Undergrad: 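I'd like to talk through a structure of danoprevir bound to NS3/4A.
All residue numbers refer to positions in the sequence shown, counting from 1. As the structure lists them, so they are numbered: ligands from 1, and atoms in each ligand from 1. Atoms considered below: every heavy atom in the structure, side chains included; atoms not considered: hydrogens, waters and symmetry mates.
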Amino acid sequence: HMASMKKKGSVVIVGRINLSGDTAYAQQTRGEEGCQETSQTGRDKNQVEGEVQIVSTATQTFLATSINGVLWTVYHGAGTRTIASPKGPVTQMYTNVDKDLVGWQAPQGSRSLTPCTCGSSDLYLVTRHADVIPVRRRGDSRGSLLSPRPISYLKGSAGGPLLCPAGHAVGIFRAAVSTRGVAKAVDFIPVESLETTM
Ligand SMILES: CC(C)(C)OC(=O)N[C@H]1CCCCC/C=C\[C@@H]2C[C@@]2(C(=O)NS(=O)(=O)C2CC2)NC(=O)[C@@H]2C[C@@H](OC(=O)n3cc4cccc(F)c4c3)CN2C1=O
Ligand SMILES: [Zn+2]
């Protein structure tokens, strides 16, 4: 009944993949209880840093990547949710279920990647565990893993970036191409598709 109808919480930034130095590593910035509270209020006072955030809802955790002043992630993780911010919940600026893509204005303190113009096919996927996995581009939205991985290894990394050698954004990881639980390739939203959305 109407009086007891609930609202979904906000997406909450709970960590980042630190790419600032010579070593990529995951950092947690909020534990489970704080995450739950922040999802409910939508008020996140934490300082945000970096290009790749680790984000959570009540039920899932995944990644989000800042490119050209927008924090992007997958619809299959975020749905239509707001994101928590210092001033309360922030509404999506982009939503496209057909691309599996959503975006919010990039948090103050975040750094954005630049869309790649290199037209190069040697790529690098960054996972939620801060693994940097070489990927050979095989089409507009596909790349092959030079070393195949169990899908367990990739789960929770949707929303993270594929980067070129010079560190530009080439795409956003969307889905694993897998057989018998082994991923040989990845499917990604190309950055040009983001640029068109913008
Ligand atoms: C498309 C194809 C070739 C048939 O393959 C697959 O459908 N494969 C599966 C394999 C699943 C096994 C785990 C794989 C491990 C990691 C996967 C990266 C990941 C993830 O980590 N999510 S998450 O845990 O962070 C989660 C919290 C955010 N995404 C998924 O699971 C996605 C989600 C779902 O797909 C979609 O809803 N759409 C909507 C699309 C719209 C347009 C185009 C698309 F392609 C779209 C794909 C199935 N998914 C796969 O990957
Ligand atoms: Zn580039």
Undergrad: Quick one: which ligands or chains go with danoprevir?
TA: ligand 1
Undergrad: For atom 24 (O) of danoprevir (ligand 1), what is the closest protein heavy atom, and at what distance to 0.1 Å?
TA: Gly156 N, 3.1 Å
Undergrad: Give me the residue, atom name and distance of the protein heavy atom closest to atom 7 (O) of danoprevir (ligand 1).
TA: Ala175 CB, 4.2 Å
Undergrad: Within the 4.0 Å heavy-atom shell around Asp98, which atoms of danoprevir (ligand 1) are there?
TA: 41 (C), 42 (C)
Undergrad: Going by heavy-atom distance to atom 36 (C) of danoprevir (ligand 1), choose the closest among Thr127, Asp100, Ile151, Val177.
TA: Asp100
Undergrad: Identify, for atom 18 (C) of danoprevir (ligand 1), the protein heavy atom at the shortest distance, and state residue, atom and that distance.
TA: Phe173 CZ, 3.4 Å
Undergrad: Looking at atom 6 (C) of danoprevir (ligand 1), what's its closest protein heavy atom, distance included?
TA: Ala176 O, 3.6 Å
Undergrad: Considering only protein heavy atoms, which is closest to atom 29 (N) of danoprevir (ligand 1), and at what distance to one decimal place?
TA: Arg174 O, 3.0 Å
Undergrad: Examine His76 against danoprevir (ligand 1) and note whether any of their N/O atoms are separated by less than 3.5 Å.
TA: yes
Undergrad: Among protein heavy atoms, which lies nearest atom 45 (F) of danoprevir (ligand 1), and at what distance?
TA: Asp187 OD1, 3.1 Å
Undergrad: Write out the binding site of danoprevir (ligand 1) as chain and residue number, heavy atoms closer than 4.0 Å.
TA: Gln60, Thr61, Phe62, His76, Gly77, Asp98, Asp100, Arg142, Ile151, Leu154, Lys155, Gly156, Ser157, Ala158, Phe173, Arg174, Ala175, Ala176, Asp187
